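Featured here: a structure holding saquinavir.
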Number of protein chains: 2
Amino acid sequence: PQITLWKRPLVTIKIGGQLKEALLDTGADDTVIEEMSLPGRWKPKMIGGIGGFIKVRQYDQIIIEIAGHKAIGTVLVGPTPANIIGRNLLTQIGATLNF
Amino acid sequence: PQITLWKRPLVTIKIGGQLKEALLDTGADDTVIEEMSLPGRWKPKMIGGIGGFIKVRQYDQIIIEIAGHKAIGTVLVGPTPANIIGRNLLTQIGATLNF
Ligand SMILES: CC(C)(C)NC(=O)[C@@H]1C[C@@H]2CCCC[C@@H]2CN1C[C@@H](O)[C@H](Cc1ccccc1)NC(=O)[C@H](CC(N)=O)NC(=O)c1ccc2ccccc2n1
């Protein structure tokens, strides 16, 4: 598909057995998902945005479907205002920015 | 060009006649540049990211070249951790996401 940028590039994702809407984000190194009760072990992390840092839980090898494309990788969970799909997963679904 | 996402999508911009590096950022509504002297009228604004909100100077109708493509639009100048080109200017240069 092709997604224009007139509006936020939101797509449906499936993670942890739940459907969510998430932003396809070339500016994000990492994938950050709003607080949800994912099972298993995690590692503490702090990540940096425009306004400072937030505390997140780092989960590895998380199964995650993005606009119908399967992916697996690291997902950070914590108190974000948007679910964001960053480059660690955008590469897995073969996304490019084109102009 | 077609830009893959294994690395940060950094390009050269020209703003105020000065060359800078900036991130092509589909997750950003707005374009935010580090503190600089910039010819133009500005008004105070607040914008949010992960981590919270910051104060910026909003400059409208600024000429900016992005990877050799012309845009003229709103640039926010302030203590951003990084120079980001958001959707307001990505749309001007005809950028899309593809997968
Ligand atoms: C997600 C994370 C891994 C932490 N990465 C980042 O946050 C990196 C950090 C980099 C260094 C600091 C400068 C910004 C760049 C790019 N960002 C990605 C970048 O795409 C980031 C992702 C994002 C989207 C929505 C909400 C929050 C955060 N967007 C932003 O920082 C832009 C800034 C702007 N235009 O005003 N924010 C928004 O466009 C935006 C939209 C909705 C919101 C609702 C509530 C609160 C804040 C909201 N911010």
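Letters go in sequence order (proteins before strands), and every chain restarts at 1. Side chains are part of it too, since the values below use all heavy atoms of this structure and drop only hydrogens, waters and symmetry mates. As the structure lists them, so they are numbered: ligands from 1, and atoms in each ligand from 1.
- The name the PDB entry gives to the main binding partner of saquinavir (ligand 1) in this structure is protease.
- Using a 4.0 Å cut-off on heavy atoms, the other chains next to saquinavir (ligand 1) are A, B.
- The set of residues with a heavy atom less than 4.0 Å from saquinavir (ligand 1) is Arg8(A), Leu23(A), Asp25(A), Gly27(A), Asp30(A), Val32(A), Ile47(A), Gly48(A), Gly49(A), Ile50(A), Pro81(A), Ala82(A), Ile84(A), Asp25(B), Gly27(B), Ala28(B), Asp29(B), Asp30(B), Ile47(B), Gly48(B), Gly49(B), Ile50(B), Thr80(B), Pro81(B), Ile84(B).
- In this structure, atom 43 (C) of saquinavir (ligand 1) is not in close contact with the protein, since no protein heavy atom lies within 4.0 Å of it.
- Nearest protein heavy-atom contact of atom 10 (C) of saquinavir (ligand 1) is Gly27(A) O, 4.4 Å.
- The protein heavy-atom contact nearest to atom 41 (C) of saquinavir (ligand 1) is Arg8(A) NH2, 3.4 Å.
- Ligand-side atoms of saquinavir (ligand 1) in range of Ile50(A): 12 (C), 13 (C), 14 (C), range being under 4.0 angstrom from any heavy atom.
- The protein non-hydrogen atom at the shortest distance from atom 39 (O) of saquinavir (ligand 1) is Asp29(B) N, 3.0 Å.
- At least one N/O-N/O distance between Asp30(B) and saquinavir (ligand 1) falls below 3.5 Å.
- The distance from saquinavir (ligand 1) to the heavy atoms of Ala82(A) drops below 4.0 Å at these ligand atoms: 25 (C), 26 (C).
- Taking only nitrogen or oxygen atoms, main chain and side chain alike, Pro81(B) does not reach within less than 3.5 Å of saquinavir (ligand 1).
- For atom 33 (C) of saquinavir (ligand 1), the closest non-hydrogen atom on the protein side is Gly48(B) O, 3.4 Å.
- Interface atoms of saquinavir (ligand 1) facing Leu23(A), defined by a heavy-atom separation under 4.0 Å, are 24 (C).
- An N or O contact shorter than 3.5 Å links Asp25(B) to saquinavir (ligand 1) by distance.
- Looking at atom 1 (C) of saquinavir (ligand 1), its nearest protein heavy atom turns out to be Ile84(A) CD1, 2.3 Å.
- Close approach to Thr80(B) involves these atoms of saquinavir (ligand 1), each under 4.0 Å from a residue heavy atom: 13 (C).
- The single protein non-hydrogen atom nearest to atom 7 (O) of saquinavir (ligand 1) is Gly49(A) CA, 3.7 Å, given as residue, atom name and distance.
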